[PDB]
Number of protein chains: 2
Amino acid sequence: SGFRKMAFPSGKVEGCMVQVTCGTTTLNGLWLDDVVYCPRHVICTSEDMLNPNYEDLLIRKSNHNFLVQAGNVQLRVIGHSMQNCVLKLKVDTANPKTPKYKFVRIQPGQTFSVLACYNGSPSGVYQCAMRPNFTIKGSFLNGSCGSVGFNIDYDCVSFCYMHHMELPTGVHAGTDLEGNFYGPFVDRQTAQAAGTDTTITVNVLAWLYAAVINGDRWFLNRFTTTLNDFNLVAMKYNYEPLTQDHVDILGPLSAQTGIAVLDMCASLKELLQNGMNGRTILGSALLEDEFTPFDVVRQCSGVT
Amino acid sequence: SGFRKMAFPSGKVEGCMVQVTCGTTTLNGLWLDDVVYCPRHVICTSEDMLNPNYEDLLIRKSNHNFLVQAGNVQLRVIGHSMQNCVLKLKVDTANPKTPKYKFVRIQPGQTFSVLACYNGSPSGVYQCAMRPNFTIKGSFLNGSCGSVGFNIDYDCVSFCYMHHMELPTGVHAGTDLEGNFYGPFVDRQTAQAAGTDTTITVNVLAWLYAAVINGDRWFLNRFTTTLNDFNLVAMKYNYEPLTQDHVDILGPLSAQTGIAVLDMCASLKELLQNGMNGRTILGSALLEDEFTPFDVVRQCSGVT
Ligand SMILES: *[C@](O)(C(=O)NC1CC1)[C@H](CCC)NC(=O)[C@@H]1[C@H]2CCC[C@H]2CN1C(=O)[C@@H](NC(=O)[C@@H](NC(=O)c1cnccn1)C1CCCCC1)C(C)(C)C
Ligand SMILES: *[C@](O)(C(=O)NC1CC1)[C@H](CCC)NC(=O)[C@@H]1[C@H]2CCC[C@H]2CN1C(=O)[C@@H](NC(=O)[C@@H](NC(=O)c1cnccn1)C1CCCCC1)C(C)(C)C
């Protein structure tokens, strides 16, 4: 028992990380098969960032302008293309350590593991959620661009995130592995507001189930509610509306604990209206929303 | 910027995990060179656990009583010895994926990465601290025994923890890789109280420095204090005494932020005496004590 913010084992990803240098800009790429993927702003000067025309900037580059370095050994770049906001650099060697993998776009409130990297060297792994406003609250320094987010779905690495930039609030934005930003962001140095951040209600309910499973029961009450009346209270505390699809995906946790989703919803209503009165749940003073129903099931049944 | 509970990349450890079976008991071992390390209670029946004589139980076992399984391929056990509470099983193959490694005993309040495993398959990585009472608040299910804790110190894996058992409070206990329990525990199914848990004061100060570095400054005040008067207030809130060695090891964070350790100590005194008044620090409502000074320096300077 116990409950931790747990990331996926990062070995399958650590063997795909490389250093990509173009001019004096060095960041990280993802070397799958015979393609190195990286943020396209690797081609930009600090002046270019103000208002880049990436097509004009990329046309001025040749294959030899890119240093791709897998550990010590230099890869030969034999071709470069642009897909949305990512560069795909063709190289002369397929990565032996290439695992089985898919590219996947995740939805607001899904979680993933970030392998934070500097100079193609993996430095750290942590778990986070795609916020409803499509930012992530990561930990990224200068040089972290091209670090990736992933899930491991039964020995298949699902890549969902490549790091591009940090907003002035200290939150993070980037793309899927086909180069489309999560959220309304563009890879240019202008003011770009993230939406209002909301609490991921389905995730909070998942974590309250995790608490019950671990014997933290004090917040259970005799009350019940409708989905409508819950969503009325939710919306007032800047919680995401809860949908029937959410209720469905909570079904398995409901079944295992024998607490109906709408009964648990009644516990959360009272917590929101009344606070925790100096109590904690799984040692937290705040309601946690970075665990999906599937994370709680995985960690509390123990899939490998 | 941003601040996350970050674990070490687990690839170097994932390549050392094996399944160890003896009778109907299956758990995890650590396969370094030509030795598989595992909890010695792998040899016990449920009846043996009440009061085992591990020497008598081990003498009744032969090399062929142990199934060591590296992924699919069965290792041949060619010799078995007992070191304190760990078994060392000699096998017929040295692990190619053996990284550079040391065995290290950590001190109360040091942090490490746990690779949680089931059936020799790595399932998850998280960061935690050795509590002052020598328990860890892990996430471990049935089958997790033999999962290991480690640090990566510049491509050298320092193994510090092997998982043995869970106390009724849902906290965890186990050994260093030479088989000595952390804390007063023994591998027997009897009542064994953990000490009083205290807050790791040096770690809280490290994290308050992390908050300043990330622009959370509201808790800084004009007051200062002596180490003595701080420790008087600390002891009352069940915080570990702060020592000059702690003040020294905080020096680098002090230098970078230009806030003397004893000035930061004055901020923490006021937080403890007055609470946070519904405010948060790095998004937490509670003071965080599972980051060492070295973790904050690593993550806020970005070593790989
Ligand atoms: C990454 O490229 C990297 O690791 N490079 C290696 C070191 C050489 C680097 C990593 C930081 C975590 N990212 C960037 O350099 C990105 C790119 C993409 C946009 C242009 C540059 C800037 N950038 C940033 O992350 C910056 N943030 C911003 O420029 C934001 N600026 C503003 O909010 C803004 C701008 N003008 C006026 C007013 N406000 C925006 C916000 C969201 C839209 C794009 C970026 C810094 C300042 C480096 C954090
Ligand atoms: C581990 O061996 C494993 O993964 N085995 C694979 C599935 C086959 C397993 C993992 C659980 C996280 N650990 C154990 O089986 C250990 C060993 C070591 C001590 C004997 C057994 C029991 N055990 C436990 O973790 C248990 N906990 C306890 O028995 C504790 N009991 C009490 O607190 C107690 C006992 N008698 C009376 C009153 N209270 C003690 C507490 C600290 C000293 C040693 C264990 C369970 C019940 C399995 C959690």
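Chain naming is simple here: A for the first sequence line, B for the second, and so on down. Numbers in chain A track the PDB entry; the residues on display, in order, are 1-304. We number chain B the way the PDB entry does; in order, the residues shown are 1-304. Just so you know, ligand 1 is whichever comes first in the structure, and atom 1 is the first atom listed for that ligand. In what follows, every heavy atom counts, from backbone to side chain, and hydrogens, waters and symmetry copies are set aside.
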Help me out, what's the drug found at ligand 2?
telaprevir (bound form)
In this entry, what is the main binding partner of telaprevir (bound form, ligand 2), named as in UniProt?
3C-like proteinase nsp5
Other chains near telaprevir (bound form, ligand 2), heavy atoms under 4.0 Å
B
Going by the closest heavy atom to atom 29 (O) of telaprevir (bound form, ligand 2), which one wins out of B:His163, B:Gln192, B:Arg40, B:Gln189?
B:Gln189
Considering both backbone and side-chain atoms of B:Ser144, is one of its nitrogen or oxygen atoms within less than 3.5 Å of a nitrogen or oxygen in telaprevir (bound form, ligand 2)?
yes
Do me a favour and list the nearest non-hydrogen protein atom to atom 42 (C) of telaprevir (bound form, ligand 2) with residue, atom name and distance?
B:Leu167 CD2, 3.0 Å
Record the part of B:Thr190 in heavy-atom contact with telaprevir (bound form, ligand 2) below 4.0 Å; permitted values are side chain, backbone, both and neither.
backbone
Taking atom 48 (C) of telaprevir (bound form, ligand 2) as the reference point, report whether a protein heavy atom occurs under 4.0 Å from it.
no
What protein heavy atom sits nearest atom 7 (C) of telaprevir (bound form, ligand 2), and how far away is it?
B:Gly143 N, 3.3 Å
For B:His164, the telaprevir (bound form, ligand 2) atoms whose distance to one of its heavy atoms is below 4.0 Å:
13 (N), 14 (C), 16 (C)
Report which residue and atom the deposited model joins to telaprevir (bound form, ligand 2) by a covalent bond.
B:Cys145 SG
Test of proximity, B:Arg188 against telaprevir (bound form, ligand 2): N or O pairs below 3.5 Å
no
Report the member of B:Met165, B:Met49, B:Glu166, B:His172 with the shortest heavy-atom distance to atom 27 (N) of telaprevir (bound form, ligand 2).
B:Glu166
Would you know which UniProt domain in chain B holds the bulk of residues touching telaprevir (bound form, ligand 2)?
Peptidase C30
Heteroatom proximity flag, B:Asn142 to telaprevir (bound form, ligand 2), N/O under 3.5 Å
no
Going by the atom numbers of telaprevir (bound form, ligand 2), which of them fall below 4.0 Å from some non-hydrogen atom of B:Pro168?
32 (C), 33 (O)
Could you tell which UniProt active-site residue in chain B is nearest to telaprevir (bound form, ligand 2) and give the heavy-atom distance to 1 Å?
B:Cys145, 2 Å
List telaprevir (bound form, ligand 2) atoms under 4.0 Å from B:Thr26, heavy atoms only on the residue side.
6 (C), 8 (C)
Which residues from other chains neighbour telaprevir (bound form, ligand 2) at a non-hydrogen distance under 4.0 Å?
B:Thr26, B:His41, B:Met49, B:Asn142, B:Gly143, B:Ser144, B:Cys145, B:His163, B:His164, B:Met165, B:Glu166, B:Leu167, B:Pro168, B:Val186, B:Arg188, B:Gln189, B:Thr190, B:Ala191, B:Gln192
Starting from the N and O atoms of telaprevir (bound form, ligand 2), find every protein N or O within less than 3.5 Å and list the pair with its distance.
{"unit_1": "telaprevir (bound form, ligand 2)", "atom_1": "2 (O)", "unit_2": "B:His41", "atom_2": "NE2", "d": "2.6"}
{"unit_1": "telaprevir (bound form, ligand 2)", "atom_1": "4 (O)", "unit_2": "B:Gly143", "atom_2": "N", "d": "2.8"}
{"unit_1": "telaprevir (bound form, ligand 2)", "atom_1": "4 (O)", "unit_2": "B:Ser144", "atom_2": "N", "d": "3.3"}
{"unit_1": "telaprevir (bound form, ligand 2)", "atom_1": "4 (O)", "unit_2": "B:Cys145", "atom_2": "N", "d": "3.0"}
{"unit_1": "telaprevir (bound form, ligand 2)", "atom_1": "13 (N)", "unit_2": "B:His164", "atom_2": "O", "d": "3.1"}
{"unit_1": "telaprevir (bound form, ligand 2)", "atom_1": "25 (O)", "unit_2": "B:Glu166", "atom_2": "N", "d": "2.9"}
{"unit_1": "telaprevir (bound form, ligand 2)", "atom_1": "27 (N)", "unit_2": "B:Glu166", "atom_2": "O", "d": "2.9"}
{"unit_1": "telaprevir (bound form, ligand 2)", "atom_1": "29 (O)", "unit_2": "B:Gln189", "atom_2": "NE2", "d": "2.9"}

